[PDB]
Amino acid sequence: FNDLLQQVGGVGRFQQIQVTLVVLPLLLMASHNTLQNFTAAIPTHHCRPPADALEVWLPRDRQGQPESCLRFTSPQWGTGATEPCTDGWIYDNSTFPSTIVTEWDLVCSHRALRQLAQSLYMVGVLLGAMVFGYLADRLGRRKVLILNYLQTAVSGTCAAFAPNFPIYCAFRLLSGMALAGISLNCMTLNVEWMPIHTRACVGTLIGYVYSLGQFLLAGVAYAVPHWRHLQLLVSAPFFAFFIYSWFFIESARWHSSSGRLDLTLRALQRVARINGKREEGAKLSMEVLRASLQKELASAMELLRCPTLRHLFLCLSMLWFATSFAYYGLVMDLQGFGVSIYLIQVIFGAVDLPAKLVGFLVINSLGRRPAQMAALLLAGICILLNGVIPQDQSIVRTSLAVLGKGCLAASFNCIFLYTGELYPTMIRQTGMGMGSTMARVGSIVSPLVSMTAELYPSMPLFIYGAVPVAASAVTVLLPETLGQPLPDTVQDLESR
Ligand SMILES: Nc1ncnc2c1ncn2CCOCP(=O)(O)O
């Protein structure tokens, strides 16, 4: 197929149009994944005084600020009984006009609900990677993308107009399911329509576009602070994506695999018509297609079954869980640092750009494993130190969270490369999917861990730090891949 894709033009005039269009949605993946930092921000809440009759009606904490979850039973002038606040809460409207937290009183006893919603969105992301991955192999990378643009648009719009919390969570799970399928199918449709030598470039562009999405969330959230308006704005473009996605060309590779070379030929000729190498497309017929593509024409149980591939599976699963679990833990707590939540989102997104370069340098220059111990251990040390250092120190805490997020971004880049290199060709793609699945399990478990803040304010961070420190110790077991050719059989893994 690669000989044929190259026959039909060289990365020119279709691949440029379609890849631009298929990677444009990814800009708003960051906006959706981390949308709750802005759509669910917690304004300062203090209890509403009884209407019958704040200094007299609000108990004060050590800080001298009014206590969030309690109000005095009787008016205290100048040990007073404290009742939970039946009459609701008054929320500061200086920074956040409305958030899901203000709208549904997800405060005090129901504070965990704010994180349950993030976990549910991510349960949707895990489910969608699986459902839409199967559906794409059955119905096409394109048809599944068209339906996913419509689902994200409809679910996200309906979430913005959700009348109650259960409904917002349902439409956020479905938003995530669709978005998981968009992220997968954008990779498959672009990679399969692009030459093998350029495959790495496609993958990197997809990563950088997600990072630029972070700056998009910061700029958009500043402009549209209200949550219903911000959720609608971030889900509206997907309708426009759905409208132009009808003109995408289905992967000829998927057509060949299905058995329908008639559609492989039709796609290859259409692309020739676009790339401008028409003559060369006319030459392409079915006697030419059957020839050469002829040569082109294992189960996850294997990863567990073989002891050699089970060791590589377990170790890498710990590495993918840890990086995601910690990364989401840090990225989903922008308010505590003491700087604006918009500046911190911008800084975090601008740390990805030098992190990815430093990581590339260390990966190639030193090794692929030394980079993973360093990226994960340093992130763990930084997150644990962001737990120990007092809150008053905003600059020390911000700088250490920033460095830590950069290190976990490098770990994501290094684990994507290190994994492919570690697995044999037979179970390589299954292994990269299982690793990504464990990453999604990390993002489901992370908000649940954050709910332990009630037990101890620093327990969420101490766990967000200890898990990457343990994963760094696991990397020691994995085998170095720098300068070694990719394995083709289990025997090769074994020889290593
Ligand atoms: N579901 C996900 N699986 C793996 N990695 C993910 C997932 N969602 C977001 N990411 C991170 C994206 O790549 C790492 P980057 O933030 O440096 O681009």
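Note that chain A is numbered according to the PDB entry, with residues 3-55, 63-87, 99-317, 324-522 shown in order. Indexing begins at 1, ligand by ligand and atom by atom, following the structure's order.
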Mind checking which of psilocin, adefovir, forodesine, cimetidine ended up at ligand 1?
adefovir
Can you peek at the structure and tell me the main thing adefovir is bound to, named as in the PDB entry?
Isoform 2 of Solute carrier family 22 member 6
Taking the UniProt transmembrane segments of chain A in order from the N terminus, which ones have a heavy atom under 4.0 Å from adefovir?
5, 7, 8, 10, 11
Which residues, given by chain and number, make up the 4.0 Å heavy-atom shell around adefovir?
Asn35, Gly227, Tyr230, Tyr353, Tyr354, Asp378, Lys382, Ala435, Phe438, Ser462, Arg466
